[PDB]
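Quick notes on the structure that follows.
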Amino acid sequence: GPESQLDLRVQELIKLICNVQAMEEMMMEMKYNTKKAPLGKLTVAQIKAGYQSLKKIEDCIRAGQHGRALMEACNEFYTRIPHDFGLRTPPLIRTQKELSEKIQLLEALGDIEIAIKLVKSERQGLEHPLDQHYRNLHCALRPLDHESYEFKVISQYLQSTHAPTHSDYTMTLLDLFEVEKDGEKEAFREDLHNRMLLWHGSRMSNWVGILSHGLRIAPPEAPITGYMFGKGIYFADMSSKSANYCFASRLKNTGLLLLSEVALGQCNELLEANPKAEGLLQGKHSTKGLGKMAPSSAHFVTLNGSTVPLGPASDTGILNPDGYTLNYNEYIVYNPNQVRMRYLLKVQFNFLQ
Ligand SMILES: NC(=O)c1cccc2cn(-c3ccc([C@@H]4CCCNC4)cc3)nc12
């Protein structure tokens, strides 16, 4: 029809996150039967039925049941959520990392179902499909100049916080956008102290659901498997730590990074893992996992009432005597009204191949 009234950089962003064909590739790479259960026919009830199937699996794992009880619970999940292993027999889910891989499948399906409900809208004719999907996002995306001051700071925050033990790749900032989701500033806890700009990475199929619904907490019917500090919204002060959760590949080496204003408040500092630190706050507002390396406060600056923890990072003198020590920090909030998305980064992953 008529011309797209959006900036070309926004057009490329809408092009990249609304690629349903790309979500099919990622789902096929996770052994999801896109033929028997098409993504266009995915409903919330189907994902909810799979969540209840994973809960029965989590009960068998925590009860040591590795016999028929687990075989039928896995077959129930593999039936409600169809898979495709060729002519192979589907494997048994019995470990935390195996269970975590299946929950990440369901979390991805929920974000694809949101994106698919967005692309299959109507009002075709007057508005370009690019503007149609951007308007249905209900979230502003404004490109920033490469010579602007914000671009220099986010670039320094990008590279100076790249972890040393993540030498598998380097990251190049391609584009930078300003994020203003509708209804997010009206619920943000502006009263809370310890306002910091923290990283967050996610898979490519989750950005339409993230930009449109914000960062959400797991539903109650989902198992607690995989949450080191309970169900919440996890952030990090190291850019590469969050960029690993983008799961960029050598064939698909372009992902997105989200910078949000997190109202941490009084931090509950933890060392050992605890999937119930939410009930351990008692007046506190956030749980902070202490790592071995973190940026020092000497290089900290402020960007619109929020502290940017720039690098380079140094040793924190933190060690877990009776357990495992995190390499870097983890910030967890237990309510979406403590998070306000601000920046979106178009990041190119230069893998060490
Ligand atoms: N996504 C991030 O940028 C991120 C930054 C810092 C610490 C993080 C911890 N997470 C995280 C925590 C839990 C999970 C899932 C939740 C359910 C599926 N199995 C594990 C996935 C990611 N994500 C983090």
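Since chain A takes its numbers from the PDB entry, the residues it shows come out as 229-581. Whatever order the structure lists ligands and atoms in, that order sets their numbers, starting from 1. The basis for the numbers below is simple: all heavy atoms, side chains too, and nothing from hydrogens, waters or symmetry mates.
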Task: ligand 1: macromolecule with most heavy-atom contacts, named per the PDB entry - done: Poly [ADP-ribose] polymerase 2
Open item on the list: I'm looking at ligand 1, any idea what drug that is?
Closed with: niraparib
Task: Organism in the entry for chain A - done: Homo sapiens
Open item on the list: So if I look at chain A around niraparib, which UniProt domain am I mostly seeing?
Closed with: PARP catalytic
